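For this chain, numbers begin at 1 and follow the sequence in order. Atoms within each ligand, like the ligands themselves, are counted from 1 in listed order. Header entry for method reads X-ray crystallography, 1.1 Å.
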Amino acid sequence: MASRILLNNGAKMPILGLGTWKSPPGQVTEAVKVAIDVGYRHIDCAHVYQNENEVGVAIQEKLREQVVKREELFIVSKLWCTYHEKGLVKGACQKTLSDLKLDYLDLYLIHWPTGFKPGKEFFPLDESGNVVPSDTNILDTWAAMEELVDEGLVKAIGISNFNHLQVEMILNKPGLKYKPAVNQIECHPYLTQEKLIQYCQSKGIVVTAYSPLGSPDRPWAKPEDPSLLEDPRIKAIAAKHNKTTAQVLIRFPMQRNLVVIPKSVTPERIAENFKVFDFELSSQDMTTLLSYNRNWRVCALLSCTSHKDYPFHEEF
Ligand SMILES: NC(=O)c1ccc[n+]([C@@H]2O[C@H](COP(=O)([O-])OP(=O)(O)OC[C@H]3O[C@@H](n4cnc5c(N)ncnc54)[C@H](OP(=O)(O)O)[C@@H]3O)[C@@H](O)[C@H]2O)c1
Ligand SMILES: O=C1C[C@@]2(C(=O)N1)C(=O)N(Cc1ccc(Br)cc1F)C(=O)c1ccc(F)cc12
């Protein structure tokens, strides 16, 4: 298994990265330091995670210690929904760069296709609990992302949580300057995304799988929800390979030519999760894992379901 995948800008993206959603500031600096020490070179960040300063601390320390050089790292961040207005995009990117202590991002994503009312609150709600949209649209936000590439702030741009019609809208823009390099989407054995992955890969867009472990730590989890990491069928596949369930869940998307970004702040798990380049899932294992699909999505938000651009009404 080759460790990097070629993007449309000629750059190579590591297929395994470290996720940072719900990595608390008081723990994420150590997580990123350990990750770099054990071989991670891709870190998935976002302004909405409220920890970019502490991620940046770790990166800065490992650059100063001469453990890695900047060109070897692949740092991803994302434009939050309250910054979709064309006049707000650059500032949002520069805030992320300042927090991360970087002079460029390797990849910058539109975090969701939905623009929200600008302001301090990340999730601005009306008095009845509905998200308050902004009068923004995907194509104008994309054009503002393109300017970031032209100014050297980011090397590549992409999208996240876009359905295929939303991807198509960008692809079909006449004066398109840059195609999206990546679509980052939820993907795991309970949400295998066959149709959207086929679509994106057919269009030369690399897919990154988020929540590959099923995001057990997500704040809206209900005790009756399915649990990937505790699924005895997946456990049995892992035992056959003398691997952990998490290792199987990370290797699975890798064998579908996806990038994958498992999150941990636990040093032993950060190290375990990287040890996925030394075994292979069989054809039968892959078929079995794909067969667990239930179209079950962990990242969904009821308050956002009436937004005009909410992505999950479409089949894919
Ligand atoms: N673009 C988007 O809209 C979007 C949405 C969701 C996620 N993401 C990105 O994708 C990343 C990954 O998704 P996620 O954070 O939702 O969840 P995940 O990676 O599926 O699961 C993370 C959870 O698994 C635990 N864990 C990690 N390794 C483990 C192991 N070896 N054994 C047992 N438990 C283990 C973690 O615990 P500890 O940390 O306590 O060890 C944490 O509770 C995010 O952090 C974020 O970077 C992006
Ligand atoms: O990595 C992540 C997890 C994520 C996130 O955004 N990126 C997340 O999917 N959701 C759910 C969500 C947000 C916005 C829209 Br639109 C739909 C939706 F399902 C959240 O509410 C959320 C809340 C605070 C976060 F720091 C991260 C999230």
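The drug seen at ligand 2 is recorded under the name minalrestat. Measured by close contacts, the chief partner of minalrestat (ligand 2) is listed under the PDB entry as aldose reductase.
Using a 4.0 Å heavy-atom cut-off, the binding site of minalrestat (ligand 2) is formed by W21, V48, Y49, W80, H111, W112, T114, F116, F123, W220, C299, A300, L301.
Each of the following atoms of minalrestat (ligand 2) lies closer than 4.0 Å to a heavy atom of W80: 6 (O). Counting the atoms of minalrestat (ligand 2) from 1 in the order shown, those under 4.0 Å from a heavy atom of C299 are 9 (O), 19 (F).
Of the residues that UniProt lists as binding substrate in chain A, those with a heavy atom under 4.0 Å from minalrestat (ligand 2) are: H111. In the vicinity of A300, heavy-atom distances shorter than 4.0 Å reach the minalrestat (ligand 2) atoms 19 (F). Scanning the protein heavy atoms around atom 10 (N) of minalrestat (ligand 2), the nearest turns out to be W220 CH2, 3.6 Å.
Here the protein heavy atom with the shortest distance to atom 7 (N) of minalrestat (ligand 2) is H111 NE2, 2.8 Å. Annotation: atom 22 (C) of minalrestat (ligand 2) to nearest protein heavy atom, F123 CZ, 3.9 Å. If you check which protein heavy atom lies closest to atom 12 (C) of minalrestat (ligand 2), you get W112 CZ2, 3.5 Å. For atom 25 (C) of minalrestat (ligand 2), the closest non-hydrogen atom of the protein is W21 NE1, 3.3 Å.
Rounded to 1 Å, the minimal heavy-atom contact between minalrestat (ligand 2) and the UniProt active-site residues of chain A is with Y49, 3 Å. My check of the UniProt NADP(+)-binding residues in chain A for heavy atoms under 4.0 Å from minalrestat (ligand 2) returns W220. Taking a cut-off of under 4.0 Å to the non-hydrogen atoms of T114, the atoms of minalrestat (ligand 2) that pass are 16 (Br). Per-residue contacts place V48 under 4.0 angstrom from the following atoms of minalrestat (ligand 2) (heavy atoms of the residue considered): 26 (F).
Among all protein heavy atoms, the one lying closest to atom 1 (O) of minalrestat (ligand 2) is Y49 OH, 2.6 Å. The entry gives the source of chain A as Homo sapiens.
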